[PDB]
*Asks:* 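Right, I'll just put the structure down here and ask away after.
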Amino acid sequence: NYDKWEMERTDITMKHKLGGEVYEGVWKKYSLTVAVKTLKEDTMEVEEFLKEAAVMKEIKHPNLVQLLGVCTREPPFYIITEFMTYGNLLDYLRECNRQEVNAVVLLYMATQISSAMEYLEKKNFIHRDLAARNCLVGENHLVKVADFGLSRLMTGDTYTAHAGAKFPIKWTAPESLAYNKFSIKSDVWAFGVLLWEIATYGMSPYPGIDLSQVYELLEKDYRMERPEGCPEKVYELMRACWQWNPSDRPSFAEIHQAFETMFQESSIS
Ligand SMILES: Cc1nc(Nc2ncc(C(=O)Nc3c(C)cccc3Cl)s2)cc(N2CCN(CCO)CC2)n1
């Protein structure tokens, strides 16, 4: 009945809708621009809305979108987070000045994301839809993973998604496609694809390839080619993420350490 995260809905003024349902609003007390997720008072997604709120309370990491407060006493239910200025990483990359957002910057963004994912790995969470679209950007190439796609692993290492669930085939690991099973390893695969998105400045993965065939191509060892101007080390990491066997994919700890060193090395140059 008492929750520290619960804030008065009074202290929030809405400014502008951003999608969906998400708004740019203002926490008036702190004169702070915030992001506010909400829902229609006629929805069955109330339970999962609240579950994700609860999850986000447990989450604390620089490269994970920070929860600020909630309004879960009566409709409309709010989840308030910090406001990421530039929106998602996909559109950012597509619209960016590539002279500004160059190689070392891409390395930096990958490093940040892998930090967030290592954190989740440690905390027994998995992200159900890890992609550039669900990474948000702030000033100085700050990247944060959107935490609404998070699921906690209560037992074991494998989250089974609800029966008949749609999933982004090109981002989805083959064991997830075949069995609806998501491990942190599945997220490692997805992160590989995200690396591809970053390197290509937001190209659609497996471009031109009919979705129906995708799985079958992966089974027969087809992987996306190294993007133009992508360092061979990075591509090697991408292929490592796309190992057929989940057990052969690296951990996000390994991945993050790799990108950390690579980034420092590029920073020297
Ligand atoms: C859709 C959108 N989001 C933006 N920023 C966001 N920051 C934080 C957000 C958020 O969703 N947090 C969150 C999470 C992660 C989980 C549960 C609950 C919540 Cl509340 S959404 C900015 C933006 N644009 C501004 C930049 N554009 C050019 C025009 O200047 C157009 C697009 N568009």
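Residues displayed in chain A correspond, in order, to the PDB entry positions 250-269, 274-522. Whatever order the structure lists them in is the order used to number ligands and atoms, beginning at 1. Looking at the header, which is where the method is noted, we find X-ray crystallography, 2.9 Å. Quick note: numbers below take in every heavy atom, side chains included, and nothing from hydrogens, waters or symmetry partners.
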*Asks:* Pick the drug at ligand 1 from perifosine, aminopterin, pemetrexed, mitoxantrone, dasatinib.
*Replies:*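 The one at ligand 1 is dasatinib.
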*Asks:* Please provide the name that UniProt uses for the chief contact partner of dasatinib (ligand 1).
*Replies:* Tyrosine-protein kinase ABL1
*Asks:* Okay, heavy atoms under 4.0 Å: who's in the binding site of dasatinib (ligand 1)?
*Replies:*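 Residues with a heavy atom in range: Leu267, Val275, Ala288, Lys290, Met309, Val318, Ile332, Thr334, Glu335, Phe336, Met337, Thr338, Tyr339, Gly340, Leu389, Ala399, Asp400, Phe401.
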*Asks:* Quick one: which UniProt active-site residue in chain A is closest to dasatinib (ligand 1), and how far is it by heavy atoms, to 1 Å?
*Replies:* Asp382, 10 Å
*Asks:* Look up the source organism of chain A in the entry and report it.
*Replies:*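 Per the PDB, the source organism is Homo sapiens.
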*Asks:* In the deposited model, where does any covalent bond from dasatinib (ligand 1) land (residue and atom)?
*Replies:* none
*Asks:* Counting residues of chain A that contact dasatinib (ligand 1), which UniProt domain comes out on top?
*Replies:*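 UniProt calls that domain Protein kinase.
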